[PDB]
Peer 1: 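One structure, as structure tokens, below. Some questions next.
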Amino acid sequence: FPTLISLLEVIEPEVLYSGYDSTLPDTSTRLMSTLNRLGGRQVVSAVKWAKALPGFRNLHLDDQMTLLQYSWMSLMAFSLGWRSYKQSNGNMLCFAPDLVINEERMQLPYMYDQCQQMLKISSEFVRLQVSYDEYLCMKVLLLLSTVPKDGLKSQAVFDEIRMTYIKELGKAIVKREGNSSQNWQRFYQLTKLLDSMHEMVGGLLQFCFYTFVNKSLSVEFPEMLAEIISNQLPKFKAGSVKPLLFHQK
Amino acid sequence: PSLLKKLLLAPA
Ligand SMILES: C[C@@H]1C[C@H]2[C@@H]3CCC4=CC(=O)C=C[C@]4(C)[C@@]3(F)[C@@H](O)C[C@]2(C)[C@@]1(O)C(=O)CO
């Protein structure tokens, strides 16, 4: 009776408010620090979501930690893309109900380029007219799409979970359309989007890494996010991580 | 223990 997709709908966390203070000088540093504060709280939600995600807690605890540390920015950027798609059709960055960034508020130092990168992710949801259930299944697969080159401790459990949610994405596609005639074409398009997320998020991550390590910029990070980045960053820069791609890339 | 580990270990 209960389907995996119906459970994904039910565990999806509610959207957080930023509590942003509009009376303060609109500056790039203040904005980046406000966004990181929101990001730390969204990462906490995401960890609670992963604990509730069927199958995830069967992984060794060190693998649960690895997957969340490696994929957090993909998860956050994908969900920002979805919110921006549903709330503005990809025209504004809809970070929170009380923090919406339109094109002219983007005209800020360093900010404009990173903001355009985030809009491109939203623009793919518009292009493909992604359904909610396709989005939820894809989001699981982002949690499961970056791993150490040397492998995981519970590799057999991981391979089982990942294959389970690849199957579930297929079920979401069938549920969407009704003419199964495009089901393979749709699966191809969405797995190409998954593969492309590694490149689309890579530039966000490099910028985050720079603002993290370069204390001169005075960008603030909250404690749990700082801990995660401090563990993720050396593995990423050393080339010890690999993306799990569906297609020849 | 990191904050992430504590959260993963917390009942919920
Ligand atoms: C461009 C990068 C990418 C940004 C992240 C993009 C994804 C995201 C979505 C949100 O809804 C909340 C915060 C985050 C998680 C984010 F917006 C902030 O953390 C700020 C961030 C790291 C960044 O702006 C910085 O590196 C500023 O330090």
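We name chains A, B, ... by the order of the sequence lines, and we start the count at 1 in each one. First listed ligand is number 1; within each ligand, the first listed atom is number 1. Structure determined by X-ray crystallography, 1.6 Å.
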Peer 1: Would you let me know which chain has the most contact with ligand 1, using the name from the PDB entry?
Peer 2: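 The chain with most contacts is glucocorticoid receptor.
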Peer 1: I keep forgetting: which drug shows up at ligand 1?
Peer 2: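 The PDB calls it dexamethasone.
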Peer 1: Can you give me the letters of other chains with a heavy atom under 4.0 Å from dexamethasone (ligand 1)?
Peer 2: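 Other chains, by heavy atom: A.
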Peer 1: Nearest heavy atom to atom 21 (C) of dexamethasone (ligand 1): which of A:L35, A:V201, A:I121, A:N36 does it belong to?
Peer 2: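 Result: the heavy atom closest to atom 21 (C) of dexamethasone (ligand 1) is in A:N36.
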Peer 1: Test your reading of the structure: does A:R83 have an N or O sitting under 3.5 Å from an N or O of dexamethasone (ligand 1)?
Peer 2: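 Yes, A:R83 has an N/O under 3.5 Å of an N/O on dexamethasone (ligand 1).
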Peer 1: Look at atom 7 (C) of dexamethasone (ligand 1) and say which protein heavy atom is nearest, naming residue and atom and giving the distance to 0.1 Å.
Peer 2: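 The closest one turns out to be A:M76 CB, 3.8 Å.
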Peer 1: Is any N or O atom of A:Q114, backbone or side chain, closer than 3.5 Å to an N or O atom of dexamethasone (ligand 1)?
Peer 2: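 So dexamethasone (ligand 1) has no N or O lying under 3.5 Å from an N or O of A:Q114.
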Peer 1: Under 4.0 Å from atom 16 (C) of dexamethasone (ligand 1), do we find at least one protein heavy atom?
Peer 2: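 No, there is none.
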Peer 1: Okay, for chain A, which organism does the deposit list?
Peer 2: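 According to the entry, Homo sapiens.
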Peer 1: Provide, to 0.1 Å, the distance between atom 23 (C) of dexamethasone (ligand 1) and the closest protein heavy atom, together with that atom's residue and name.
Peer 2: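 Protein heavy atom with the smallest distance to atom 23 (C) of dexamethasone (ligand 1): A:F207 CD2, 4.4 Å.
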Peer 1: Look at atom 28 (O) of dexamethasone (ligand 1) and say which protein heavy atom is nearest, naming residue and atom and giving the distance to 0.1 Å.
Peer 2: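 Answer for atom 28 (O) of dexamethasone (ligand 1): A:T211 OG1, 3.0 Å.
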Peer 1: Quick test: of every protein heavy atom, which one is nearest to atom 26 (O) of dexamethasone (ligand 1), and how far off is it to 0.1 Å?
Peer 2: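 Its nearest protein heavy-atom neighbour is A:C208 CA, 3.1 Å.
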Peer 1: Pull out every atom of dexamethasone (ligand 1) sitting under 4.0 Å from any heavy atom of A:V219, numbered as shown with elements.
Peer 2: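 Atoms satisfying the 4.0 Å criterion: 28 (O).
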Peer 1: Counting only heavy atoms, tell me which of A:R41, A:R37, A:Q42, A:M73 gets closest to atom 3 (C) of dexamethasone (ligand 1).
Peer 2: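 Going through A:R41, A:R37, A:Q42, A:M73 one by one, A:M73 has the nearest heavy atom to atom 3 (C) of dexamethasone (ligand 1).
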Peer 1: Which residues from the surrounding chains have any heavy atom less than 4.0 Å away from dexamethasone (ligand 1)?
Peer 2: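 Heavy-atom neighbours of dexamethasone (ligand 1): A:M32, A:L35, A:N36, A:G39, A:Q42, A:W72, A:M73, A:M76, A:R83, A:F95, A:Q114, A:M118, A:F207, A:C208, A:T211, A:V219, A:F221.
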